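The model presented next includes flufenamic acid.
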Amino acid sequence: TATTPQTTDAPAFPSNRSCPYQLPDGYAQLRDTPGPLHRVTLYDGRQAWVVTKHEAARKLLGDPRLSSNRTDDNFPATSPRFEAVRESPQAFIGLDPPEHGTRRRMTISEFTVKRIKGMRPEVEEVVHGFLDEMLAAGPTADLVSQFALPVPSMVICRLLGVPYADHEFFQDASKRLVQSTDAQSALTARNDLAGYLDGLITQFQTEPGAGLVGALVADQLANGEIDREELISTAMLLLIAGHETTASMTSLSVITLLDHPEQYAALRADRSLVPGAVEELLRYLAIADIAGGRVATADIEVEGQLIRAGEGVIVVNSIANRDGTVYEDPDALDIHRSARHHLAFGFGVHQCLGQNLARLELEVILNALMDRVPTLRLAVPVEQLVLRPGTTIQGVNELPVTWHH
Ligand code: HEM
Ligand SMILES: O=C(O)c1ccccc1Nc1cccc(C(F)(F)F)c1
């Protein structure tokens with residue numbers, strides 16, 4: 001057996017959070033080490049680079065030599081989930097220019113500032129309805145299942161034209177896919193969603209209807225400009241991202257705000273601070289490092305360090321968002337700071353399609369919680385919560401809460 005010291009210069013990555021709003025201990029070390037890049041070891045023993053500094057992260061996310069192609073043999077997979085989805089065509093999150101733009105542009109019209117503004121009545125109605133329901137159902141609740149997840153689920157389903165009557169099926173399948181720890185469970189969940197979306201497509205060909213899925217069927221599919229299987233993958237990406245991200249931000253924001261009561265009280269007293277507070281929470285909670293993987297198709301020199309063609313690179317936006325040369329006192333939550341330029345949504349051609357929908361949702365959500373349940377508090381200590389591992393979207397699967405009856 002091993003009898004020598006075990007220190008490594010390529011630590012295992014990713015790490016798991018122990019506190020919902022602080023860097024894992026190993027990540028603070030990466031944050032402090034000079035240089036834009038650091039070697040890490042992935043779950044299968046393969047070495048990859050992580051990007052740990054803010055401007056270097058923007059530069060590399062903007063560099064077309066870093067490909068988003070998940071089918072590449074050298075793509076930096078962080079768990080066995082990745083190996084599962086090989087047979088299926090990728091959604092545009094896994095495409096590079098020029099194919100990336102042709103597919104992304106098929107969906108952008110649903111996310112314009114004008115459409116998002118027009119969605120405010122629906123978002124407010126959905127938020128207040130699930131809130132009406134949770135407050136009436138009992139003195140305590142799981143915020144996740146009763147509020148954080150159904151709200152963005154109903155909103156994105158309406159945008160897509162996915163009937164919410166099937167929500168128990170597709171919400172469960174979405175959870176199994178993003179939180180899968182092995183390839184087989186991931187493949188099963190993906191096939192479940194694919195079969196469901198396939199049936200929805202056939203129905204739109206018979207009976208044209210509203211929503212982005214209906215529009216893609218009636219236009220691009222009918223012109224042969226998207227493959228049926230690509231349409232499934234695109235709808236699946238938007239469905240899952242639209243659900244899982246906002247839900248995680250809601251639950252983690254509640255935990256974080258309750259641990260910072262002075263700032264939460266200031267937020268309640270001046271609602272003009274909400275948009276800025278949402279940006280700070282996005283920066284600080286950075287829930288989507290899982291989306292930072294890239295593979296180099298050519299050598300890239302980064303401040304003296306060399307990324308070789310064929311090497312995997314993960315842009316760790318949570319660490320980059322704690323860069324003190326950009327955010328003074330970066331580990332402090334400050335809803336009054338300028339959190340502009342943060343990387344929680346990425347940067348460049350793949351920058352989050354839904355970012356302004358997410359911003360609208362989180363603004364409406366925080367205002368609604370402060371208006372309708374100002375006495376909201378956790379029903380258990382923070383120590384008793386269970387955080388998801390760094391191999392998935394950050395968050396909590398259950399969040400017990402209570403309030404003044
Ligand atoms: C709520 C907080 C959210 C966070 C923190 C977040 C984070 C991210 C990040 C970091 C990326 C970049 C992936 C990459 O560079 O490979 C991304 C892309 C994307 N996100 Fe978001 N997201 C959020 C909400 C949403 C919502 C509500 C939707 C609605 C469907 C959405 C849809 C997408 C899509 C489609 C992409 C792929 C864009 C592309 O490849 O061109 N996201 N997101
Ligand atoms: O990344 C894929 O290929 C993907 C595929 C199908 C469904 C969802 C997918 N991605 C995903 C799932 C949840 C959250 C986010 C993101 F963080 F990027 F928004 C991306």
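Numbers here are sequence positions counted from 1. All ligand and atom numbering here is 1-based and tracks the order in the structure. Structure determined by X-ray crystallography, 1.5 Å.
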### Query
Which ligands or chains in the shown structure match flufenamic acid?
ligand 2
### Query
Going by UniProt, what is the chain that binds flufenamic acid with the most atom pairs under 4.5 Å called?
Vitamin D3 dihydroxylase
### Task
Write out the residue and atom name of the closest protein heavy atom to atom 15 (C) of flufenamic acid, then the distance separating them to 0.1 Å.
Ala241 CB, 4.0 Å
### Query
Of all the atoms in flufenamic acid, which lie at a distance below 4.0 Å from a heavy atom belonging to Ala288?
17 (F)
### Message
List flufenamic acid atoms under 4.0 Å from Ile93, heavy atoms only on the residue side.
### Response
1 (O), 2 (C), 3 (O), 18 (F)
#### Entry: Residue and atom name of the nearest protein heavy atom (relative to atom 4 (C) of flufenamic acid), distance in Å to one decimal
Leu237 CD1, 3.9 Å
### Task
Can you figure out which of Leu353, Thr245, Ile240, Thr392 has its heavy atom closest to atom 7 (C) of flufenamic acid?
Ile240
### Task
For flufenamic acid, indicate whether the residue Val85 contacts it via side chain, backbone, both or neither (heavy-atom separation under 4.0 Å).
neither
### Query
When you look for heavy atoms under 4.0 Å from flufenamic acid, do you find them on the side chain of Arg70, its backbone, both, or neither?
side chain
### Message
Okay, next thing: UniProt's heme-binding residues in chain A - which of them have a heavy atom under 4.0 Å from flufenamic acid?
### Response
none
### Query
Taking only heavy atoms of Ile393, which atoms of flufenamic acid are found under 4.0 Å from at least one of them?
14 (C), 17 (F)
### Message
Is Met236 close enough to touch flufenamic acid? Criterion: a residue heavy atom under 4.0 Å from a ligand atom.
### Response
yes
### Message
I'm trying to map the binding site of flufenamic acid - which residues have a heavy atom under 4.0 Å from it?
### Response
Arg70, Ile93, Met236, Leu237, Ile240, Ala241, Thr245, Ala288, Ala291, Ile393
